[PDB]
Amino acid sequence: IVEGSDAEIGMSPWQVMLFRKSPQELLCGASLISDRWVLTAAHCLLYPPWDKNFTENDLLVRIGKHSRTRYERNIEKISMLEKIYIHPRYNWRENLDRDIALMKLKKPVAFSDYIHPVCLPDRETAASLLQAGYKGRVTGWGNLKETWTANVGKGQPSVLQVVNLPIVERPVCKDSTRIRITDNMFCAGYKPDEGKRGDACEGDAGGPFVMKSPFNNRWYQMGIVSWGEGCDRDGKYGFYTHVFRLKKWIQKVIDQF
Amino acid sequence: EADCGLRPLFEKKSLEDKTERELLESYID
Ligand SMILES: C[C@@H]1CNc2c(cccc2S(=O)(=O)N[C@@H](CCCNC(=N)N)C(=O)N2CC[C@@H](C)C[C@@H]2C(=O)O)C1
Ligand code: NA
């Protein structure tokens, strides 16, 4: 995460580290949405141009984490994966349309001060929260500045980071990139004429974009860290998988196991 | 709607984190 503060303890208790087994490596972020389920980006698990395809015994999820130069005993719980569900219409060829995956844990996770699921929006909550100029929140352990090549490297923080980003009007989202955008994604971040900085970067993909309802006090996940061009570039905005448009697919998977 | 979105160390304790005022200002600013 670019231009963020160190996160407080239990500030984002739904935040999940996606981790590789062979070899030991952080791959992506992710979010806790129940005790059996984790919400992540699809491209974190499936990317053919780089011959990337992960099974259940290759990956590992860690919830309730804060640091990274520390294994946090009796605080973080590490879940194994049972099954992986990736959207059939997920376009890895052009724009990352429907960049969304779900992961059922082998065993349920006990909730504590550090582990707690986020809310998924419905129609009414989506209509009152998803507006341009409204600020959401992105979380991750990814790079602090724009990397040269296209993944995780040197420039990591020792602790989970937090940034707040404004939702951006559709036209500006479209005029910011030559890449053909879709309606299953939205864009977020500050404008050149706004003089405040921040963006998600490598290793943050999969993590949540959240918003707090000013009425009911609950945190709702409106977005998933999906893609961008560079990190924190002037006139560029991070694109987040529109979680509500895909709530119909999620409802199907969870209810059908 | 479940126990979702309400944090044990914050919302359950009636406490704010350092940056959330920024988010709630966005509904007014
Ligand atoms: C439709 C996307 C657009 N961009 C790219 C693509 C493929 C390779 C590299 C890039 S990138 O390095 O310019 N951008 C990265 C980094 C973006 C991070 N910054 C944000 N503001 N979110 C990216 O989109 N991705 C997503 C695809 C994976 C495979 C690599 C990389 C990432 O690790 O985030 C296809
Ligand atoms: Na920007």
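Note on naming: letters A, B, ... go to the chains in the order of the sequence lines (proteins, then strands), and numbering restarts at 1 for each one. One-based numbering, in listed order, for ligands and for the atoms of each. Determination method: X-ray crystallography, 2.4 Å.
Per UniProt, the macromolecule in most contact with ligand 1 is Thrombin heavy chain. The molecule at ligand 1 is the drug named S-argatroban. The letters of other chains with a heavy atom under 4.0 Å from S-argatroban are A.
Those other ligands and ions that come closer than 4.0 Å to S-argatroban number zero. Note on S-argatroban: A:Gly203 sits outside its first shell, no heavy atom being nearer than 4.0 Å. For S-argatroban, the UniProt domain of chain A with the most contacting residues is Peptidase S1. Between A:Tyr240, A:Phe239, A:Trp50, it is A:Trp50 that holds the heavy atom closest to atom 8 (C) of S-argatroban. S-argatroban is approached by A:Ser226 to a heavy-atom distance shorter than 4.0 Å.
Counting heavy atoms closer than 4.0 Å to S-argatroban, residue A:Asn151 contributes side-chain atoms (C-beta onward) but none from N, CA, C or O. For A:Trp227, heavy-atom contacts with S-argatroban shorter than 4.0 Å involve the backbone as well as the side chain.
Neighbouring residues of S-argatroban under 4.0 Å (non-hydrogen atoms) are A:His43, A:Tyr47, A:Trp50, A:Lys52, A:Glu94, A:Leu96, A:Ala150, A:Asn151, A:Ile179, A:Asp199, A:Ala200, A:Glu202, A:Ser226, A:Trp227, A:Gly228, A:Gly230, A:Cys231, A:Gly238.
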